[PDB]
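Below is Tubulin beta-2B chain with Taxol bound.
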Amino acid sequence: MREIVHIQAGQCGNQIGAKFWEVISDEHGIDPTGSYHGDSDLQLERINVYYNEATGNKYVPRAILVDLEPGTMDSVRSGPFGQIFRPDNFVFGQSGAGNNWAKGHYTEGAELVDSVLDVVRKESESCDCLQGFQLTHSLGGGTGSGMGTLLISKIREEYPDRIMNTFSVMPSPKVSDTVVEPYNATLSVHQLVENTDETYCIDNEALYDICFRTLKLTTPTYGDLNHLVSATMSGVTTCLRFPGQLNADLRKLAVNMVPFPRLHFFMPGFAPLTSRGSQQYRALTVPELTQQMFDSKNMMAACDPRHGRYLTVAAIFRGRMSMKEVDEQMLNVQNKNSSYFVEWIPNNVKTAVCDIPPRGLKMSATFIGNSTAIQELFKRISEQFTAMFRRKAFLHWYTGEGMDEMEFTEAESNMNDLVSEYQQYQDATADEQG
Amino acid sequence: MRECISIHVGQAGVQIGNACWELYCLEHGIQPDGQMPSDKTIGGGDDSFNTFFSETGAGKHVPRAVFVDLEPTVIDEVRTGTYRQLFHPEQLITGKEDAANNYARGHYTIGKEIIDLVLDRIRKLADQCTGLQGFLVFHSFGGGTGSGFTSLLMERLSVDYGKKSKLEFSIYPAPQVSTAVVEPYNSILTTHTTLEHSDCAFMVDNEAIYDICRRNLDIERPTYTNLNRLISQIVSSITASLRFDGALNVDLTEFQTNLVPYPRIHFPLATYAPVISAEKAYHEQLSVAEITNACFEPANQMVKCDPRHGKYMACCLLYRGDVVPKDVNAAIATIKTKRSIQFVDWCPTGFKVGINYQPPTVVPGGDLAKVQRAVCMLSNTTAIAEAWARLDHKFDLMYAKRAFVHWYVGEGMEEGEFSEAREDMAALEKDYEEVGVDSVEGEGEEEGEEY
Amino acid sequence: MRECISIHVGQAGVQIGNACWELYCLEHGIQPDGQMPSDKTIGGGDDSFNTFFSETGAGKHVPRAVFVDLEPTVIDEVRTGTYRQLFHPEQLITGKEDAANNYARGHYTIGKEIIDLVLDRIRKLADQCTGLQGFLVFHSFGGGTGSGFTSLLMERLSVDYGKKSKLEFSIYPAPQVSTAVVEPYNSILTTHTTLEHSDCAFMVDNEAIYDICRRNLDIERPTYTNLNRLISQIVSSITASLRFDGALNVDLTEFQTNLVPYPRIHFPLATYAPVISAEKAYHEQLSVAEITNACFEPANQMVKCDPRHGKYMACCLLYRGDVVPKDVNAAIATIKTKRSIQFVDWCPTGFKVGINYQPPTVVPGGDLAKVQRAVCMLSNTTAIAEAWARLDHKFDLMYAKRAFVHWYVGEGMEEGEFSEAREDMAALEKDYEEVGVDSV
Amino acid sequence: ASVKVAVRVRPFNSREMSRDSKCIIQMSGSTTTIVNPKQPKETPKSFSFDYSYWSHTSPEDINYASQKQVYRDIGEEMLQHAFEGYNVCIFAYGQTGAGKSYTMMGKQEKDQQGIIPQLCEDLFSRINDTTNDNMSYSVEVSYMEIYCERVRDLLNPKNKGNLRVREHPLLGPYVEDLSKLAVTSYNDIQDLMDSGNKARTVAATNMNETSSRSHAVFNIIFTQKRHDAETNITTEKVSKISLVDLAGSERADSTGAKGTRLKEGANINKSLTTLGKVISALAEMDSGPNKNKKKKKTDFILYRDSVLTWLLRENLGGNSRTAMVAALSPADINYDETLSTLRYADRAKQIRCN
Ligand SMILES: CC(=O)O[C@H]1C(=O)[C@@]2(C)[C@H]([C@H](OC(=O)c3ccccc3)[C@]3(O)C[C@H](OC(=O)[C@H](O)[C@@H](NC(=O)c4ccccc4)c4ccccc4)C(C)=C1C3(C)C)[C@]1(OC(C)=O)CO[C@@H]1C[C@@H]2O
Ligand SMILES: Nc1nc2c(ncn2[C@@H]2O[C@H](COP(=O)(O)OP(=O)(O)OP(=O)(O)O)[C@@H](O)[C@H]2O)c(=O)[nH]1
Ligand SMILES: Nc1nc2c(ncn2[C@@H]2O[C@H](COP(=O)(O)OP(=O)(O)OP(=O)(O)O)[C@@H](O)[C@H]2O)c(=O)[nH]1
Ligand SMILES: Nc1nc2c(ncn2[C@@H]2O[C@H](COP(=O)(O)OP(=O)(O)O)[C@@H](O)[C@H]2O)c(=O)[nH]1
Ligand SMILES: Nc1ncnc2c1ncn2[C@@H]1O[C@H](COP(=O)(O)OP(=O)(O)O)[C@@H](O)[C@H]1O
Ligand SMILES: [Mg+2]
Ligand SMILES: [Mg+2]
């Protein structure tokens, strides 16, 4: 049995977690009070991947909530699904970092790191065979980024064998709230490159563009973005909970995606999305599904893969479908888009199929791309970082918390080396002339 | 808990406190006698939020405040008015002569004695607090007590507490209008205290608020009540993120962290967008884009300096009401498109955004229309230097001939201290002119070859 | 007695086992619950033949099989499905992580522990046997368990038993289609186990079977059930001679004796002639000559290699149904007449022939038409070298840049072992190119 | 543009000589060949190298690679390059008990001294010989080890509590709080090497009772300054001499355990793989520019994949001079280990068997 421990940090992490747990609870037929009211017998077959059992035939999510402002925890607790989580897993303090990565990594986060690790240990020893962890956090924030990186470091030290994924929301070039986003993003990407096996990159403009352009929503809020991210997270771990014709645990994706240890940053995507009013006009077939899946405008990270080469891709389908059609469509998309795939992998499309689709759909699919175009996401950040570091715009706020400029320079150099790494895999093909 | 302490010093501070506490009482449902009927009507919730009120056994809610003055008239007007039963009887009045529009009397001779009582009351209120966030200090440059005693109080507070935040809502002298003759001396002598000790100081000018009232609200003969009401609206908008939930809530520490690049340049400008009369409330949509555009107009600023002459170092917008992040992002993009608003090249992001669900309230007998949306903008810019520079000129015209100096010297203040203040003053202006310079020379660079 | 043990390893192995045991249960009249109604209807005979089933006291027939996997999903689906009461509860599942499409995990780190249980159950089944002929092993190259654990299992089996036959029904990676990125590494690393240990190995390709289903059985959107059904038909045709009488019955020993000229070239190709839809079953005679000709057509092969590019070292035909030796000999003569089929000059005879009376059966809900005649061909030819050569190219394109190598090295496998596999692989190809040369 | 590869085969030890052992390695020219002892009829496996050293028995008066000989071929060149201001590095690779430590240290009887003692003796000779009033020579020696990607000092008597490794933008990689000691004679350096090699991190396995669980780097920091009666005073002559002892490779077949032992083995094997890739990649661009002189961009050689290559960056890249010597066992039992060592050595300017 493969069982996952879920960790959430910051406002963004807590809200994504709330929406994701609502989605999973509806998928497994769990009531807001925890009791089960499903119909299919497959739902209870492997519900223990996410949930634990409690004596009165009750199901408790294996989640851990982390923050430093009690406001978000109060918002989560006094909600439709607030009673589902166990109260002891709510870990919070007071006087949060406040978009100061130093405060949430050295000064404040060091207080709660011990309590959160105690809760994590208690959750893990109760798991008969742990598969891996899961962190949801905002990268440009305060307590989220800093304490998430600290937790990643401590957990990697404690549990080196287990898998660790990360659904991270990273800063935007355009839709930017906090002024000191670049410092937090740089000082976090310094740590994500070293202490994570996977890292799904998410951007707010990608989700907004999906909402305005495909879903045709007029007033998208954070609920819709959380909805899309939750759909992706459900799609990723689908094969660990339901049977299929080709199964794919989180590890097989880790093995088949990353060619080298540092290249573990992914571009997620989901299909179908059809505006709630135009689905009557378009038929749900595997060709349409994969054509929407590989579309540039659908990607959830705000990077054009046409500016780079796909190191690898993984497609996980849900629903009853013919294996031959899936294989033929993968061959077609590889052959037609001959210039967007590296040649030193002859066949770089991982495939998985699961029998149980989402509740109200005939079939769906999710996509994990690994492309060199992702380097853009760092370069922009790096540019802004330099523009704010060569003059020391807001530096003192960090240095009063017990840091120094050498750590900033180290983080900047680490990100630049990551960018060059990814850049070396978008031009070097095979030759002797060069 | 998100607890604040509001210190009101001087006549201006006391009257601003009157308006402010009227607004908070109306916001939280507290009656003038302190009782909340809604406690027994709803039966739950902390609507008497701890950010400004302390709850006793009988359900009475005592505000967390300390008024101070050296003239019994104004605080006795408070102590006999409508809200006589709300405040604790410790109003900390010095039943003696005034500072008499003299910094020295308010700082050196008369400012003593009362300082011990004030510090004892502040210590008691801080002891009652659990999770104190900062102090709000209301005063006025150019007054006697409001300048000298405020400086002494800030020095002692910085010594005693150290790390706790200290915000300032101060009234700077206006360019032309003035109700005193020795105003520039008092204003200049507070540069040291408002520079070294305060963590973030907001400047408001009576001329700017008069212009706003005349133009926007269409009030031909305003008085200080309207000015205090506007300032109270701004303070409530700043502090709302602590009290009511929202999609994005901005604590005081975040606000400071995003507004102050370097520790000496913490002088933002406060503006409030939907300042409009009830008759003109119709014929208008008051959407998010409209209020954001109105925030950037130089006409609606609350201190007489044009931001177009300077560069926008940083901005923080705090929205209240029926607002969604989409329109906020669109408005920010449209603002960034315009070339009339200049931003320093060492701040590519430029903005901070907060959103609160609680809409603003309308004070009965006031003049602001009821609205569904509003925003308060704090803009850290270099144009504030102008507001300083003008006043400096006046100081020179008085200090060349040593006019009125004997009043200060006779009250235990060394003459040379005058010059010292100006030096500090001058340095501050230079600092602002340094952070406007658009980028470093970057002379060092190399070339490349081909092989 | 003519007793066989079938070992299913991996997901592909388990699903092929599902289809296969459905077929044998239908063949012998065994119900899904193990009981035979016909035992009390006929009152005699060994219709629950010992070649696959062991009969207990109560009249229940337990199959002689051992499923193995490193992921509880597929075997749990077996354990809850229709045939849950058929198999013994010993399904030998490792309730832990998968091999993760990684040879090292399946062979070195995770492959242990479960190996002892699997070998213990195999020993118990062998002790229950009296006259064991050989083991049938179903697996797939390119998977994690199916490659590494299969290699370890066959190493231990060759050590313990030695002289018993061991056949492979393995799925080779396709030329173009592929459902994994690290498939060539896993497929190449098993060249040593499938060369040194296995006695005869049959290669099947999913692309070829997809082509057969879309062309012959008029099905446009096939799934893995059809592929498993075809493979099950082939295994049944191979093993029929042990169970049912015939004019000429070809045991496994003589079949191997005829198909493997040298001990290193034991990679024949399996084909099945009357693959035809019931709608197209009419308008056709399906005589012996027709099916014999159809077996030699390159379109009907089950791995993407054209025999016309190579030479037929040997052929073994196994007929089922209304077949008489006169027409078989006539068809063999007609085949020998044609110059499109090349035979090596040092094999003048070229053919082995077996004939069985029991006709093939039709699975309810299947897609093969009911027929009176059928034939299964096992053709040992040099064209299989092509299927290897393509794979080698892909391996090189990964290994020049050490792509994905850290995943294997970190799990207790020395890096240089990679190169060793290719060397063996290369040597194997050379051997085939040696035997296609005309004598002088 | 200087990467060379060396191989040295050891002779039969006292236990092997007493026992019925056999030799399977042949030498000729630049080509070393090994034959499978149980199946030698198949084919000999051969590899070409830039440096090769033969040894099968003790005396071997004629045509024998003595310690001084290997020192002249590899050590003397690197010491001269260090004297000229170029960073230098010497790697000693091989399985546990292969005799690489014999080469690096040698016998303390002063009849056959290893590379390190001869190198340091010649350094002390050169400095004292070339010691004048103006030329100021200064040497400071440090010694460190990597265990599970964590750095440990060996010379300081302080506690062995894991330390951090950082990088100055101008001064390159460094280690926080790593002791370095000055030395003026062979006695001081010998004492330091004793105090260091007594404190290495080793563990008992099924292969050898003291198999190294950690890589070990002995660094010498050598600087030569000119201070004449003038104002134009510069140094322009600073070098680092790296002497690397690598823990032997291992397989899961021999490491029959899970957890700490398997984790250490996997970490060690990853470190060797990183180092091998680093040196091979450097060797490709050693070959390229030396004959093209074409600047095919930086082609940055990744050094972060592991910590061992990161700290060795100043001695690996730039104008540095690096070499590696692999220890080979000709005894019958160690055929598989020896062949793996030849495969590991094959890279870094691989030469075909002509
Ligand atoms: C045909 C039908 O019944 O109507 C659909 C529907 O109209 C469409 C437009 C739905 C609809 O979704 C949206 O409108 C939407 C809006 C913002 C963000 C995301 C979705 C639907 O609301 C969403 C809803 O989806 C589900 O129930 C899935 O199981 C989904 N569930 C949830 O996200 C969920 C939401 C709240 C509470 C609990 C679960 C899911 C998806 C992936 C993995 C697990 C679960 C479905 C079937 C529909 C409606 C109802 C209109 C779509 O959603 C999905 C992910 O299925 C949007 O485009 C797809 C395609 C569908 O055709
Ligand atoms: N906006 C506003 N300004 C006020 C108000 N009351 C006083 N002021 C300003 O305060 C300044 C006068 O100095 P005061 O603050 O009254 O000084 P003080 O507190 O009375 O102390 P003394 O000088 O000793 O009497 C003038 O510039 C006034 O405009 C008010 O209610 N609103
Ligand atoms: N013909 C056929 N091939 C199958 C079937 N199921 C899986 N495969 C093939 O098996 C290969 C993948 O290897 P798997 O057998 O799934 O590996 P595994 O046994 O699951 O072991 P792990 O890699 O650890 O998951 C793919 O190339 C599939 O095409 C099947 O039912 N029929
Ligand atoms: N996708 C998503 N992003 C969010 C949400 N809430 C905030 N954000 C983003 O997170 C950033 C602020 O980070 P924050 O949540 O304050 O980090 P924290 O202080 O650690 O909680 C902003 O740039 C927002 O764009 C949410 O509900 N969903
Ligand atoms: N000329 C030589 N060439 C190579 N090896 C030699 C020579 N002379 C002696 N040796 C060997 O050097 C080895 C040193 O091993 P040792 O340093 O103990 O290994 P470890 O440090 O791994 O325990 C001895 O086993 C010895 O047989
Ligand atoms: Mg008064
Ligand atoms: Mg399985």
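Chain A is the first sequence line, chain B the second, and so forth, proteins listed ahead of strands; every chain is numbered from 1. We count ligands from 1, going down the list as the structure has it; atoms in each ligand are counted the same way. The way this entry was determined, per its header, is electron microscopy, 3.0 Å. Hydrogens, waters and symmetry mates play no part in the numbers below; they use all other heavy atoms, side chains included.
- The location of Taxol, copies and all, is ligand 1.
- With a cut-off of 4.0 Å on heavy atoms, the other chains touching Taxol (ligand 1) are A.
- As deposited, the model links Taxol (ligand 1) by no covalent bond to any chain.
- By chain and number, the binding site of Taxol (ligand 1) (heavy atoms under 4.0 Å) reads A:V23, A:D26, A:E27, A:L215, A:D224, A:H227, A:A231, A:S234, A:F270, A:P272, A:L273, A:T274, A:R276, A:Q279, A:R318, A:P358, A:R359, A:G360, A:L361.
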